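Below you'll find the structure, written out as structure tokens, and then a few comments.
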Amino acid sequence: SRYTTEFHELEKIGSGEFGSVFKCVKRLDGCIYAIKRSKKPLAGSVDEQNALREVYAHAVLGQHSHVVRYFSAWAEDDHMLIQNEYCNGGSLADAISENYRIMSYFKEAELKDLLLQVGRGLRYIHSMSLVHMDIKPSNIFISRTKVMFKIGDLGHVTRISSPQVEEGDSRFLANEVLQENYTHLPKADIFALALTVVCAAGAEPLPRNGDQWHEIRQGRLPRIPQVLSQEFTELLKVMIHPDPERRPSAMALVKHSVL
Ligand SMILES: C=CCn1c(=O)c2cnc(Nc3ccc(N4CCN(C)CC4)cc3)nc2n1-c1cccc(C(C)(C)O)n1
């Protein structure tokens, strides 16, 4: 077993239907990695393409400061394994939970930094003719040393020129994707990112469906309890515009003075 021989498990850091994720030391270099171990996907199943595309996405994207770095992927004993960098801050979902626990919140300066950093990650992914298609807090990872946000969980990644859309989290999904219009997919990542930042800013849990879900897709920004500058508010708002073409690209996004 490569997993057993090459790596020492330190802590279970994730669990789900796929399998489990462990914080591990690689014995050879002594460094810490996040290693996901998943069962074999069933024949002709969505979980199949998902796990397959994760590795391809990592392969194309390779090393970038705002994308979770891939180190290797292999299979043995009827499981798939992928070895990625370990982000010691967990995900943005974990960070938001910690804020809830201590009743703290991300200030505007921190929200701008989150938006700019993940924005730079998207700009890179989009420049390689790919889209992420599952941006949300739980897929944004955090490295502290101060803080670096890195786009992770690349299982929904697809090409803009031959789009294969697996329906993502309904809470973050732009209306035109639901309508099976895949002609503006990078703008779907932009929509999702805005709502990710809105979650980080202290908004109530986003709706999965219903009237509140539609209000957002009509371009109405969810309520944010803390005071934010008008220019920052207006940027988040145009990022969720009903017309994808009115949403800024990632390139246009990161070139906002406000950030
Ligand atoms: C290789 C698997 C995907 N993945 C990464 O690429 C990755 C990179 N860094 C980390 N760091 C990480 C994650 C979680 C936590 N904590 C979570 C909450 N606990 C209370 C304490 C530990 C502390 C540090 N975690 C990472 N991954 C990870 C870890 C858990 C769950 C998931 C899924 C696949 C659900 O997205 N992914």
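Here, residue 1 is the first one in the sequence, and each next residue gets the next number. All ligand and atom numbering here is 1-based and tracks the order in the structure. Any value given below was found using the heavy atoms of this structure, including those in side chains, with hydrogens, waters and symmetry copies removed.
According to the PDB, the drug at ligand 1 is MK-1775. Bound to MK-1775 (ligand 1) with the most contacts here is the chain that the PDB entry lists as Wee1-like protein kinase. Distance check for atom 20 (C) of MK-1775 (ligand 1): every protein heavy atom is found at 4.0 Å or beyond.
Residues flagged by UniProt as binding ATP in chain A that sit under 4.0 Å from MK-1775 (ligand 1) (heavy atoms): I13, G14, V21, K36. For atom 33 (C) of MK-1775 (ligand 1), the nearest protein heavy atom is 4.0 Å or more away.
The single protein non-hydrogen atom nearest to atom 16 (N) of MK-1775 (ligand 1) is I13 O, 4.1 Å, given as residue, atom name and distance.
Remark: MK-1775 (ligand 1) and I35 share no N or O pair separated by less than 3.5 Å (distance only, no angle test).
Lab note: nearest UniProt active-site residue of chain A to MK-1775 (ligand 1), heavy atoms, 1 Å precision, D134, 8 Å. The overlap between the UniProt Mg(2+)-binding residues of chain A and the residues with a heavy atom under 4.0 Å from MK-1775 (ligand 1) is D153. A heavy-atom separation below 4.0 Å is not found between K150 and MK-1775 (ligand 1). Closest protein heavy atom to atom 12 (C) of MK-1775 (ligand 1): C87 O, 3.4 Å. Shortest contact from atom 31 (C) of MK-1775 (ligand 1) to any protein heavy atom: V21 CG2, 3.8 Å. Between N88 and MK-1775 (ligand 1), no N or O atom pair is found at a separation short of 3.5 Å.
Nearest to atom 2 (C) of MK-1775 (ligand 1) among the protein's heavy atoms is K36 CB, 3.8 Å. In terms of UniProt domains, the contact of chain A with MK-1775 (ligand 1) runs mainly through Protein kinase. If you check which protein heavy atom lies closest to atom 8 (C) of MK-1775 (ligand 1), you get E85 O, 3.1 Å. Looking from atom 25 (N) of MK-1775 (ligand 1) to the surrounding protein, the closest heavy atom is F141 CE2, 3.3 Å. Distance from atom 36 (O) of MK-1775 (ligand 1) to its nearest protein heavy atom, with residue and atom name: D153 OD2, 3.7 Å. The contact residues of MK-1775 (ligand 1), taking heavy atoms under 4.0 Å, are given as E11, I13, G14, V21, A34, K36, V68, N84, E85, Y86, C87, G90, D94, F141, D153.
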Mind listing the N or O contacts between MK-1775 (ligand 1) and protein, cut-off under 3.5 Å?
residue	atom	partner	partner atom	Å
MK-1775 (ligand 1)	6 (O)	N84	ND2	3.1
MK-1775 (ligand 1)	9 (N)	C87	N	3.0
MK-1775 (ligand 1)	11 (N)	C87	O	2.9

